[PDB]
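Entry featuring spectinomycin.
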Amino acid sequence: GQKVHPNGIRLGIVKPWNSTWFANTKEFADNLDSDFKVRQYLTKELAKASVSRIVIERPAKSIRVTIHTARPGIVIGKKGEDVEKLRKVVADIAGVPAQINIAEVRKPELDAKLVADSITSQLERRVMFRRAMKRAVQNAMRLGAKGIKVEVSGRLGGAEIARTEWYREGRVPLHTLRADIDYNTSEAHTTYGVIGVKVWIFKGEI
Amino acid sequence: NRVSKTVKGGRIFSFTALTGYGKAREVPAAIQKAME
Amino acid sequence: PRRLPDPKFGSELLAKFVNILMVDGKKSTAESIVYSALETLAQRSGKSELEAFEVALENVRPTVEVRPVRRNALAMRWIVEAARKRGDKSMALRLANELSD
Amino acid sequence: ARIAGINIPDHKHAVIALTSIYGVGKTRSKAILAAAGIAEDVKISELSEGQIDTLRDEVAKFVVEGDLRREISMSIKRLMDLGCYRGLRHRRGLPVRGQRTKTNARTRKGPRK
Amino acid sequence: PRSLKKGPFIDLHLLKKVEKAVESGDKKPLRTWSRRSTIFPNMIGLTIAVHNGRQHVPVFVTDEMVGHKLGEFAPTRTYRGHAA
Amino acid sequence: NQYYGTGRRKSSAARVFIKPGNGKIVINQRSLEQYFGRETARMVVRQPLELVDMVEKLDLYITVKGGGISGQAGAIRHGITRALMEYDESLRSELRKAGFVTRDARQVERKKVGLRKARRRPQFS
Amino acid sequence: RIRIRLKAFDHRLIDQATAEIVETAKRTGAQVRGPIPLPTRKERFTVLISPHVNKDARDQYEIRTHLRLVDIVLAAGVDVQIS
Amino acid sequence: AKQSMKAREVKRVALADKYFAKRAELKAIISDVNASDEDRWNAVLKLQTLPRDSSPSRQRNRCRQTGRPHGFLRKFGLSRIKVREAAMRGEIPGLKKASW
RNA sequence: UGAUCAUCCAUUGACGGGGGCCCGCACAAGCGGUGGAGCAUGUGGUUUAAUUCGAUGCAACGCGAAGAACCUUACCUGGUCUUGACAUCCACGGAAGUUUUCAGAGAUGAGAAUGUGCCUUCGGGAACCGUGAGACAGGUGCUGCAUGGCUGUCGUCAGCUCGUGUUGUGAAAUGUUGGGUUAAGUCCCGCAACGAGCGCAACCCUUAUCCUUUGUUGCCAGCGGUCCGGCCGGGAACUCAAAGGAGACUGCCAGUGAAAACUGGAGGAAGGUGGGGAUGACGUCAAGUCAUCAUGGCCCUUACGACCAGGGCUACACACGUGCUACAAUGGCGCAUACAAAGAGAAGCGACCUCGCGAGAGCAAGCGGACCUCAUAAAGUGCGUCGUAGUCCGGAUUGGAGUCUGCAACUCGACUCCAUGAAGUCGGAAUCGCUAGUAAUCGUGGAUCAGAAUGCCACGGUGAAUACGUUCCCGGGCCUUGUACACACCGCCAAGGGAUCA
Ligand SMILES: CN(C)c1cc(CNCC(C)(C)C)c(O)c2c1C[C@H]1C[C@H]3[C@H](N(C)C)C(=O)C(C(N)=O)=C(O)[C@@]3(O)C(=O)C1=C2O
Ligand SMILES: CN[C@@H]1[C@H](O)[C@H](NC)[C@H]2O[C@@]3(O)C(=O)C[C@@H](C)O[C@H]3O[C@@H]2[C@H]1O
Ligand SMILES: [K+]
Ligand SMILES: [K+]
Ligand SMILES: [K+]
Ligand SMILES: [K+]
Ligand SMILES: [K+]
Ligand SMILES: [K+]
Ligand SMILES: [K+]
Ligand SMILES: [K+]
Ligand SMILES: [K+]
Ligand SMILES: [K+]
Ligand SMILES: [K+]
Ligand SMILES: [K+]
Ligand SMILES: [K+]
Ligand SMILES: [K+]
Ligand SMILES: [Mg+2]
Ligand SMILES: [Mg+2]
Ligand SMILES: [Mg+2]
Ligand SMILES: [Mg+2]
Ligand SMILES: [Mg+2]
Ligand SMILES: [Mg+2]
Ligand SMILES: [Mg+2]
Ligand SMILES: [Mg+2]
Ligand SMILES: [Mg+2]
Ligand SMILES: [Mg+2]
Ligand SMILES: [Mg+2]
Ligand SMILES: [Mg+2]
Ligand SMILES: [Mg+2]
Ligand SMILES: [Mg+2]
Ligand SMILES: [Mg+2]
Ligand SMILES: [Mg+2]
Ligand SMILES: [Mg+2]
Ligand SMILES: [Mg+2]
Ligand SMILES: [Mg+2]
Ligand SMILES: [Mg+2]
Ligand SMILES: [Mg+2]
Ligand SMILES: [Mg+2]
Ligand SMILES: [Mg+2]
Ligand SMILES: [Mg+2]
Ligand SMILES: [Mg+2]
Ligand SMILES: [Mg+2]
């Protein structure tokens, strides 16, 4: 049957929020919609730059966007050229002053979003799905995940009948609330249609 | 040689490869077992 | 499955009786009806209100063998059921008349 | 008593007994009684003959009985002659005030044909 | 019903239509979609062709009609019985 | 000297101040019989002092907030027993044997999605 | 009187921000009357989780808005109204 | 929702803001106790001749992401579906699964 | 072969009416309902110009819709537009925009004034408009049986598997079975298995007790007054608020047991999972959703796209589902008078006061709230009245007269006033919910929302009855056996109406 979102259920238990501002009802919806337009802009611009997470704070008349990226050199650029010109667009979008900070994902093979994006990248190059899945699981366990599960669903290998296929290695205890389960998804847009990727990475209990 | 076990609601398709004699849900694992 | 004293007389049997008579949680409404009925009963009989109530139960109490908790439970349920059917004007008097009979 | 062609019940309170007149509900009743100056809860039997004449007086201020029935009948008859939507609902014997007819509407329609 | 404070609603386009009909003394049917417009006294004697959703239904205005809406005289749904 | 106890029952909370005397009962600046109408309430408030045989030896100023008549009477009783245990701790065992020292923890179970109430399901056909 | 109202969606965050204003006011010689935990608003929301039908399938969410007052006789996402 | 329907909502918001004060003025005459019947009559006939879409009640709250006109929630500005997706991704501050 | 060897007038499953052992408000025991009535609401059908589309046994039918008068709106009728309502790109025109005029249902068209700013290499503009261009936009069109995502369902049931080893020619088997035990593949013991993964449990939220900290907007025990109101000076006790701790472990005791556990006892606010919630294994039904969104393919492109007004989604011989209100006296009515919790609020909640019979209106404080407002809890209790009547029960329906929201309540709102006073007198076969602060009943609040709940989501008050038991019905678990089933009994022979022997 259907399952609770692993990130959602653990918010405030072991997982932090990605938006951390305060607002009253009058400012709340506008802040969500500006946050949406910020995250949308950056996800597009930094499609090649290995973006895992976009954390948004809003201090006193400001937006602070922290971009968690495995390739900070690509995001930052030369003399912080690229940081500064993202920062203008974010400040335009949010309609307030903006700092962009660039945080580094040191182990991208342990980042659920980066792993999911890698698989969907490979699926769109017409890499065989089983190979892409196996490589993800092996990489994460090599780099010291206590477990990983990868699910791929859709018209796998352009088959007529859609299928779900998954591999797991190690522990992925989804009912354990204190389990540090990084969970994220991605979509591969193929010639045959959408294939969904789901990745769960377990990094010990807290 | 693909073989099958029936279960409630379907069938589990498995593979066997006469190289020894192994058995696995994937083909390459069956070879590794059979070679071992 | 597969695996409190009434505050006027100290008889839990009457506390049960209030509960059987009670409808919709209205326990104070039930209590008044029963006490009114017991004093009425006593005036047209001449005992302490439990003795007449207990003699009234003895005639109803059914004897597969009924065990004595279900026995008094059935009696009281049948009394209340019998009382509610009648064409006396209030439930207090319906109950008093049914208990008398 | 007899007030406006209706034999008003003698063993009822004046407030209640007066509602037996068509065109007189509970509030017009209490209005009549407090104007004529009889208590609501006094029985119609107990009133002296002069007091009934005062009750008969206060009801003549209102439209009642066959005056009202003509008045009601004329209102409904105007609608049908007018041939407005309300009049068509009167004509067909359906709900007049926008109610559901897919189900229910049995007060107006009668029992199921 | 509309509050007495606010008075009676008619559409301005219709109020002008009806005035022009009186001034000129024309009896050619006045075509309107304003079902929600109240019938005023100066309507009397005009035929007002009221839209019912597909057709303009003529309403020769009478004195009994005044105070009612125009759309009261243009039924929208067609029903001629079931099993018939 | 006053010996205090809090009492609680459903959504009710009761502040009870016992001290020696002839046996007045104030509940929110009203007598017992003005405050509580029902005789089930009034027994329940005297149950503890009836038990310990100190009906006419102890005055009682009570405040009570929240809940209803039986809840508040139950809150009051809890507080009187809690006040008595502060006065004399020989009375604990006997008051516990009367079942008074227990905070009746039974509360209104919440309404739930798909059910009309806490447990009442909608009708099936 | 300097009267400090703090709101936050997180209670660890509000107690820290409180502790900054409070201890800082204590350092100077302003008479801090103690920090007062006011009632947390638990705002609640119930949504259908299916895109279509399945009316009994729902999620229930809550935002807890924590509230602190401190009288005198910061982290982004802590609210501050000093009157 | 279709692109046209989202664009209808934009147009209605803009006209509501354009005529807000002009609508408020004309309505205030119609509500007023102490006024002429001629000015009131005029004021009734002016309020109708404005764009219908300048009335605020012609606006439907839509999901800001999708345009869905059902299941809207005011605090988030989103439908039930996009609220849920954002909630579970940790994108709505303070919002967590509730139990009590 | 699954695999293996005009009009009203041999293996694995599955299955058995084969066997054994179990569980769940499944039955039983109860309590209250549904089915009858009126009405609300959804659906079918029928009707219609249209009655938009979707959901269809359990698991569709107060379901998507947390709110269809216009809008929403997808539908119909009619009026309209064609690079376009919504984007980018290019040429050319041009500041944006502020008023009003006429025609038109409006869309829109034709005007006529007014403003002609501001960035600024005085070099330009880029802001936002218009005309033209064709690359394209657009589609709630089709396929949920091409898909992702999300969801229902078995069911919070105790299952489902793998590695390595061992056994079998092999499909496979073992572990996972067995003896107990448990809410539980829970735990223990035995055991060719040894371990592990996903489920169970725990970690999470809330509720029941205490403690520390803190003390306003909350609080009032002791003081000092009092306009007798925590109203004021005060107090920090107490209620409470909400941070941080403590607490429950079968830990203790006794008995039973071959150990796990079970049964009772102490203490304790709480006792065996304390109560409630969140949490939904591998899979099952080509289950639901291309109309939230996304998306392969197909299809439409002066139309299947787009704009407008009016109509429809509210139709009514009828059938079905879910509700509300009743049929009274355990009650109705009148008067007086107690005790809640939880929540919402800025184009918002709106007091006091004045006016209105009332819905409401006027005036106008306060409150982005422990302060102000919504905002009298109701059932209760007391006293009075009605006296078993189709009633002083019921409140349907209809007439007249209003109020309010809204450009607008004709189709088609809610509410009030006066009048009216229908069916209904406890509901056939059949059928539903519930095991305790539950059911039942009583109010209260909230989301959607201009307005529009009898629905939904939450909150307290009062507050039961009954459970001997598992034979039977329904769903499910484990083991074993028969099988001509594998689309898997909705099958194509089970005890087939050889099994069965516990
Ligand atoms: C003609 N057939 C075989 C068929 C064919 C297709 C493919 N083409 C369909 C279409 C293009 C709409 C003509 C289909 O897509 C489908 C079905 C069967 C239905 C049956 C339906 C049924 N009723 C609702 C009617 C039911 O209760 C059950 C059930 N399992 O209980 C179902 O499976 C269904 O819901 C269903 O989903 C179907 C199909 O998809
Ligand atoms: C009552 N719940 C059942 C039960 O747990 C079944 N196992 C005995 C279980 O079996 C499965 O796991 C299966 O193996 C087969 C599938 C159709 O159902 C799955 O879900 C089945 C569950 O739905
Ligand atoms: K719509
Ligand atoms: K799907
Ligand atoms: K063999
Ligand atoms: K094995
Ligand atoms: K379905
Ligand atoms: K498609
Ligand atoms: K309409
Ligand atoms: K209708
Ligand atoms: K209903
Ligand atoms: K019904
Ligand atoms: K009557
Ligand atoms: K209407
Ligand atoms: K069997
Ligand atoms: K045979
Ligand atoms: Mg009458
Ligand atoms: Mg309740
Ligand atoms: Mg429902
Ligand atoms: Mg779209
Ligand atoms: Mg609206
Ligand atoms: Mg039964
Ligand atoms: Mg019925
Ligand atoms: Mg089906
Ligand atoms: Mg419409
Ligand atoms: Mg499907
Ligand atoms: Mg098994
Ligand atoms: Mg286990
Ligand atoms: Mg074993
Ligand atoms: Mg669990
Ligand atoms: Mg014990
Ligand atoms: Mg299908
Ligand atoms: Mg379908
Ligand atoms: Mg569709
Ligand atoms: Mg329209
Ligand atoms: Mg409808
Ligand atoms: Mg009545
Ligand atoms: Mg509200
Ligand atoms: Mg609040
Ligand atoms: Mg009759
Ligand atoms: Mg149970
Ligand atoms: Mg078992």
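Proteins come first, then strands; the chains are lettered A, B, ... in the order of their sequence lines, and each starts at number 1. All ligand and atom numbering here is 1-based and tracks the order in the structure. When reading the values below, keep in mind they use all heavy atoms of this one structure, side chains included, and skip hydrogens, waters and symmetry mates.
For spectinomycin, every matching ligand or chain, copies included, can be listed as ligand 2. Looking only at contacts, the largest set of contacts to spectinomycin (ligand 2) comes from what the PDB entry names 16S rRNA. Taking 4.0 Å as the heavy-atom limit, the other chains contacting spectinomycin (ligand 2) are B, I. Short version: no covalent link from spectinomycin (ligand 2) to a chain. The source organism of RNA chain I, per the PDB record, is Escherichia coli BW25113.
Taking every heavy atom under 4.0 Å from spectinomycin (ligand 2), one finds B/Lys8, I/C154, I/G155, I/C157, I/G159, I/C160, I/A281, I/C282, I/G283, I/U284, I/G476, I/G477, I/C478.
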